[PDB]
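Structure containing tacrine.
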There are 2 protein chains.
Amino acid sequence: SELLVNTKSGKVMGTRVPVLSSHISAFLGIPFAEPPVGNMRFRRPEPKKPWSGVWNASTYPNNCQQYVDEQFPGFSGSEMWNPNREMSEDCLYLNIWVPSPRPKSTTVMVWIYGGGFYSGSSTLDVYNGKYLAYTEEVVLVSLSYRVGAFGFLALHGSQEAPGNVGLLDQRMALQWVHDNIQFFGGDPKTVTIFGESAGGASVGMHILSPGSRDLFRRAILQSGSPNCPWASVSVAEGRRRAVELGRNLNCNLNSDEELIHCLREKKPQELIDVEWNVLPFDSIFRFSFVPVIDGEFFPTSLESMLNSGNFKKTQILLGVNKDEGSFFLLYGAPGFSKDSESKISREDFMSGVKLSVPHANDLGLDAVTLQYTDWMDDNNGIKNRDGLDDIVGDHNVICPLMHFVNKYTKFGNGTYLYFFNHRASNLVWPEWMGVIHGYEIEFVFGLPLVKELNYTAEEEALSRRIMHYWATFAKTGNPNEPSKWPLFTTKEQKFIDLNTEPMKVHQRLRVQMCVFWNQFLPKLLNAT
Amino acid sequence: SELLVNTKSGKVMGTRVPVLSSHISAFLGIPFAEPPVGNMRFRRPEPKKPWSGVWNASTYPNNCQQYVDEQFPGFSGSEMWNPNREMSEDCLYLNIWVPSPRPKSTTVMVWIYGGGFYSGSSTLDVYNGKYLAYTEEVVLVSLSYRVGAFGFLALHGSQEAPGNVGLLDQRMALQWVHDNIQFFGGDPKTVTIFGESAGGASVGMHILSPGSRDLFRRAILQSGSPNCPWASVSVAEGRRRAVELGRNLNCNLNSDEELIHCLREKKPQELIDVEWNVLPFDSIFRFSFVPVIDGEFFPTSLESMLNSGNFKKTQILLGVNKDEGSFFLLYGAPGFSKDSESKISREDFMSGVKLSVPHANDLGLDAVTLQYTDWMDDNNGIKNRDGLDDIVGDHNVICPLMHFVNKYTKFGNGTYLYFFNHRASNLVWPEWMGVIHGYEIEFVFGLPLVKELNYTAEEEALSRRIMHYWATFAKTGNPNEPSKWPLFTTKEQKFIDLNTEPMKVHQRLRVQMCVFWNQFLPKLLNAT
Ligand SMILES: Nc1c2c(nc3ccccc13)CCCC2
Ligand SMILES: Nc1c2c(nc3ccccc13)CCCC2
């Protein structure tokens, strides 16, 4: 055996993959649900019928349908994130990298990919778990889940297209892992789900959803938080967008049945083509088809849940990157461009903030500008570029995350917080973008170990520390082997910097700005 | 003669006063209007009937009735500001210090005292013009004007008690100066009115009032601005307070006639006793009987006037002191005390801001706290003490002054701005109060020249510079004799520090904070 495994669904043949100077076993493309094609589009996933024979798990699966990014065709910095396999609706599979020799029972790390809920692949090279599995000796798996319309369309009172289906796909994979990781050497009672962006937000959504709390132990959230403004919509909104999509394809909108049948006949690409049209406003960092607060997956509003402790209580490890805004600005705010150093004028500055705070009213926008502008240097293009980069970041990633942390820490069983602020020496994006959203993942997956990728030795050191913290936290529940990375406490809110220097512990990650967003802004907008 | 002068009202005999190593002539107590006693209380001042004989002008006049401050009885720091002569309703007189030998025609400086409109005397030792008159060879005069109820009660549609009467008294003295300073060697076409606190606000009110624009050339405003929130009330409000006072003395409130007669029978002290009761709210830095925007003295709201250029266009010299709040906090905010270093708790901090912003709503207060609190050190007593000291100062003196400057500069003929931030070495108030409101006046009047007062030599130097700037500006219109004290421009808003070091020019005095008060706060409060 070694490469032959009997799972409760059938047998699977993997491959021996080279890792550094050795090998590992890899089982790629194991199906975990029935292909949600045909009349199953938009419906919740079915558990997969067992198979006879041996499933060949030697190649990656297809990727789900999604919007291909071709804003900088050929550019590696963007291309590295695009589906590198044939897209297909039939894309619910999972991959597992297992050590050699196969362990008896060891920790498991399940990776849930990001992509703003409209994109993502498990087959990307920055998600190749061979290095982590090998260096830390853990079993690592990667899920697949429907993104976009296909995974989050939500005609609420319908069985044909209830929302959150992509969320259910995640769960189903979590189930299969629970019920079969043992045959691969993993301990089902010690699986940690980790994810970034929408993945990190999904993770926190599993910590909240009653139905998923039991299929995992601990969780890691990277630049994501379930309460982030771009991660959920009400049923009403989902309906709104669902129908709006329908009219863009000129579907009969007299009933959900008609609407849905119609959408089920359209070719996948047609859906993607008009997907970005249904948003209700001009905005940046906002996605169309996202999780809906439907009353099932989430019993109540996430805010009540956070306030009542209605969530799984384990320990979590989470964090943020220094320049979370960059990517969003560069891709859709006027004035930024990849080959320029993007100095923004006050005109484009004000245009930017409108895009970042789509729900603010005049007074709100005014309030934001007040805080983010250096009044004694009002028209400085560099300062304006940077201020915008912090508006997007604080509003959309840092401040909601800090909110989550504070409400979770009251009842969780430990919290570790990091601030990743290192720019890879080989970054191909411009220096103005800084430490970009998505850029710590190279570290967590150990790509610096690959000398051919040109990282400095000091960075190799850094990913090994990161990988260890991640692994040790997954096993133990504390990232430190027996300097200490302090626990985060509501009292003395400590966190650490995660860069190549001697570690520094700091306190109160972005308080000043975060009280503005978490307490002032909302009141303002409500009073008005 | 020398000491005998014929004025258009009658002859006056002065005194030769020692000044340093020499002498000067001083004419103290020259009447300028008919004593507003009896049935004239509350009424506008009459020009004084000429007299026969020689008026003996050898002693100071009586002081107007006012509230004596006895919060720290015997303490010089407070006592220095209390009436040092018998108070009387008969107090409209003026004083003039003239050089020896009498000049032919020279610049004139008329001092209008401060006191929040409820107090003030011209006879105080820090307003003794012998040093200025001598060192700079100018004619210096000091007015007297009714303060409190007696000078600002305002039953609008009444001839018996129209408002702004104290303001008219100032004018009348300005008239007499215009019509007779020549007999003392002064040039009526080169009189500069200077004043501090309410005096500085009065000065700006003369620059605005059509009726006074012609009796003076230039103006100096120290820690005051006509648009400061505590300097004026609407006719409605004045009526309100006028009647409220009436009920505290149980006057018949069926008519202005009854009310007024009643108030005219009360002894002066009764009025003072309940004077502070009529305010509409708990507050700090707010006075009861103040100028009313009546449509006569001020044709329109001061804001329209500022916006339309409806004001005298000459050059002005104005400024602020570093710690304008101190005195107000110390006198009526909970937690501050003279012999303690007043570390304020967040409780008293929040109590303080409520007192400083009596018109803010919850959201407004919230907005202030946001800006003035150091969120990463929330409970620091020192930081809270200081923050409050800046709330009061920025809200009540610095920010309105900067507003005035900006609107005036568009149409004035030159503007010079200073930031006085030197703490006298012999200050008897605690170090936490810093550079207190009122404390530059010692400098402007040259008391450091008096060696018996114990100032350092470096301070002697400082008052001579100050006195020169003040004198030279009064003559020329520019404080610099032919480093330069730049003009203030709306473009590059320069100002200078006025302390014993090498002069520094800075830009944009308190922009950040001032945009909050001048533009944000008001909108907020209006939207809500
Ligand atoms: N497509 C991208 C994704 C991420 N970052 C990116 C950064 C730049 C350009 C494209 C990106 C973060 C994870 C999700 C996908
Ligand atoms: N009574 C006072 C006045 C001023 N400052 C003071 C400062 C401390 C205590 C009393 C004061 C400034 C000018 C007006 C009067």
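As listed: the chains are lettered in turn, A, B, ..., one for each sequence line. Note that chain A carries the PDB entry numbering, so the residues on display, from first to last, are 4-485, 490-535. Using the PDB entry numbers, chain B covers 4-485, 490-535, in order. Just so you know, ligand 1 is whichever comes first in the structure, and atom 1 is the first atom listed for that ligand. According to its header, this structure was worked out by X-ray crystallography, 2.8 Å.
Bound to tacrine (ligand 2) with the largest number of contacts is the chain that UniProt calls Acetylcholinesterase. Other chains with any heavy atom closer than 4.0 Å to tacrine (ligand 2): B.
For tacrine (ligand 2), the nearest UniProt active-site residue in chain B, with the shortest heavy-atom distance to 1 Å, is B:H440, 3 Å.
The contact residues of tacrine (ligand 2), taking heavy atoms under 4.0 Å, are given as B:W84, B:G117, B:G118, B:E199, B:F330, B:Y334, B:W432, B:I439, B:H440, B:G441, B:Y442.
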